[PDB]
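Here's peroxisome proliferator activated receptor gamma with rosiglitazone bound to it.
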Amino acid sequence: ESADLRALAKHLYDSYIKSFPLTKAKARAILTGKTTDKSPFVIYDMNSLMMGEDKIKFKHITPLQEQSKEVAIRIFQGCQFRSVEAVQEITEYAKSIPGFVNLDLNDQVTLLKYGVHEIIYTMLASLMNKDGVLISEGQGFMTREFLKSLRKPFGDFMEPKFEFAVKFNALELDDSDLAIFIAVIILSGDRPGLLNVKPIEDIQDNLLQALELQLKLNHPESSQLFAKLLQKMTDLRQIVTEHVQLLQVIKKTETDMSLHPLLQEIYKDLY
Ligand SMILES: CN(CCOc1ccc(C[C@@H]2SC(=O)NC2=O)cc1)c1ccccn1
């Protein structure tokens with residue numbers, strides 16, 4: 001019934017607020033000009049990239065990769081580092097979805113493993129506009145053209161995300177909508193190697209109802225927003241497979257690669 005669907009929507013939105021530091025609301029403000037405390041440092045070329053990394057050096061030190069390697073790869077490892085952090089926030093959020101923790105532990109792993117990237121790219125869109133993407137928790141803004149200049153391999157790993165983002169952001173979803181959308185993505189019963197599909201689908205069915213109600217109430221005038229949003233799920237899935245193909249190419253043609261352990265777990269045998 002409706003009351004429970006709304007309570008489910010709010011539960012998810014609250015845990016979403018607690019699990020993810022940089023929400024779309026905060027992100028759009030920064031990208032717009034609101035919040036009077038700092039303007040994002042913009043990296044649009046190699047000089048600015050240097051100045052950006054220097055400023056980070058004026059500050060304390062953090063276990064990362066303080067250059068001596070190629071730009072395209074530092075940037076590449078930078079995204080992966082941020083992804084490791086994302087996996088932890090997303091996993092915490094996943095555990096807040098009613099029913100999730102009670103699913104077979106193996107399926108939780110599988111759902112997480114296949115849904116984490118689709119969620120990372122969904123959340124990333126919130127930090128992107130047609131010209132760039134926020135980095136360092138809003139501290140910075142790296143341009144789309146700069147990312148597209150990196151040597152060919154790495155020069156085009158973000159372009160598909162930007163293209164998806166522009167389309168996705170045109171739906172103008174807010175955080176309360178995204179929180180439910182993300183839950184629907186995690187609770188996908190079509191993931192490879194699932195042992196108990198039934199339990200997963202019943203949870204997703206409730207999530208879908210809650211999402212539909214949310215979009216109708218929060219966006220009364222947006223015609224077929226629900227259906228359009230569900231279709232974006234095909235694009236997200238494609239972005240992930242593309243990315244995995246690009247990772248294979250790199251592993252096959254780069255001297256060496258090196259992927260963070262947590263990411264190694266996620267990528268080990270994935271679509
Ligand atoms: C926050 N930014 C913005 C771009 O942000 C991302 C792009 C792709 C991912 C997915 C990663 S990259 C990989 O191979 N596997 C993954 O899970 C995650 C974030 C940066 C950009 C440069 C340096 C540090 N930070």
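We count residues from 1, following the sequence as given. Looks like X-ray crystallography, 2.3 Å, at least that's what the header says. When a ligand or atom number is given, it counts from 1 through the structure's own listing order.
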Next item on the list: Do me a favour and list the nearest non-hydrogen protein atom to atom 4 (C) of rosiglitazone (ligand 1) with residue, atom name and distance?
Entry: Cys79 SG, 3.7 Å
Checklist line | rosiglitazone (ligand 1)-proximal atoms of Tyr267, by part, heavy-atom distance under 4.0 Å | finding: side chain
Item checked: Closest approach of any protein heavy atom to atom 20 (C) of rosiglitazone (ligand 1), naming residue and atom -> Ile135 CG2, 3.6 Å
Margin query: Checking contacts here: is it the side chain or the backbone of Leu127 that comes within 4.0 Å of rosiglitazone (ligand 1), counting heavy atoms only? Could be both or neither.
Written below: neither
Next item on the list: Tell me which UniProt rosiglitazone-binding residues of chain A have a non-hydrogen atom under 4.0 Å from rosiglitazone (ligand 1).
Entry: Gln80, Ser83, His117, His243, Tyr267
Next item on the list: Just need the protein heavy atom nearest to atom 13 (C) of rosiglitazone (ligand 1), so name the residue and atom and give the distance.
Entry: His243 NE2, 3.2 Å
Notebook entry, point to check: In the deposited model, what is the covalent attachment point of rosiglitazone (ligand 1) (residue and atom)?
Noted result: none
Notebook entry, point to check: Less than 3.5 Å between some nitrogen or oxygen of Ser136 and one of rosiglitazone (ligand 1), yes or no?
Noted result: no
Check: For rosiglitazone (ligand 1), is there an N or O atom under 3.5 Å from any N or O atom of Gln80?
Finding: yes
Next item on the list: Give the contacting part of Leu124 toward rosiglitazone (ligand 1): side chain, backbone, both or neither, where contact means a heavy-atom distance below 4.0 Å.
Entry: side chain
Next item on the list: Please work out whether any backbone atom (N, CA, C, O) or any side-chain heavy atom from C-beta onward of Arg74 is under 4.0 Å from rosiglitazone (ligand 1), and answer side chain, backbone, both or neither.
Entry: neither
Check: At under 4.0 Å between heavy atoms, which part of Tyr121 makes contact with rosiglitazone (ligand 1): side chain, backbone, both or neither?
Finding: side chain
Check: Would you say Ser83 has any N or O atom under 3.5 Å from an N or O of rosiglitazone (ligand 1), going by distance alone?
Finding: yes
Checklist line | Mode of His117 contact toward rosiglitazone (ligand 1) - side chain, backbone, both, neither (heavy atoms, under 4.0 Å) | finding: side chain
Check: Near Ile75, which atoms of rosiglitazone (ligand 1) are under 4.0 Å from a heavy atom of that residue?
Finding: 22 (C), 23 (C)
Item checked: UniProt domain holding most chain A contacts with rosiglitazone (ligand 1) -> NR LBD
Notebook entry, point to check: For chain A, what organism does the entry report?
Noted result: Homo sapiens
Checklist line | Binding-site residues of rosiglitazone (ligand 1), heavy-atom cut-off 4.0 Å | finding: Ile75, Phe76, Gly78, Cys79, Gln80, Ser83, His117, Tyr121, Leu124, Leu134, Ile135, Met142, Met158, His243, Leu247, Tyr267
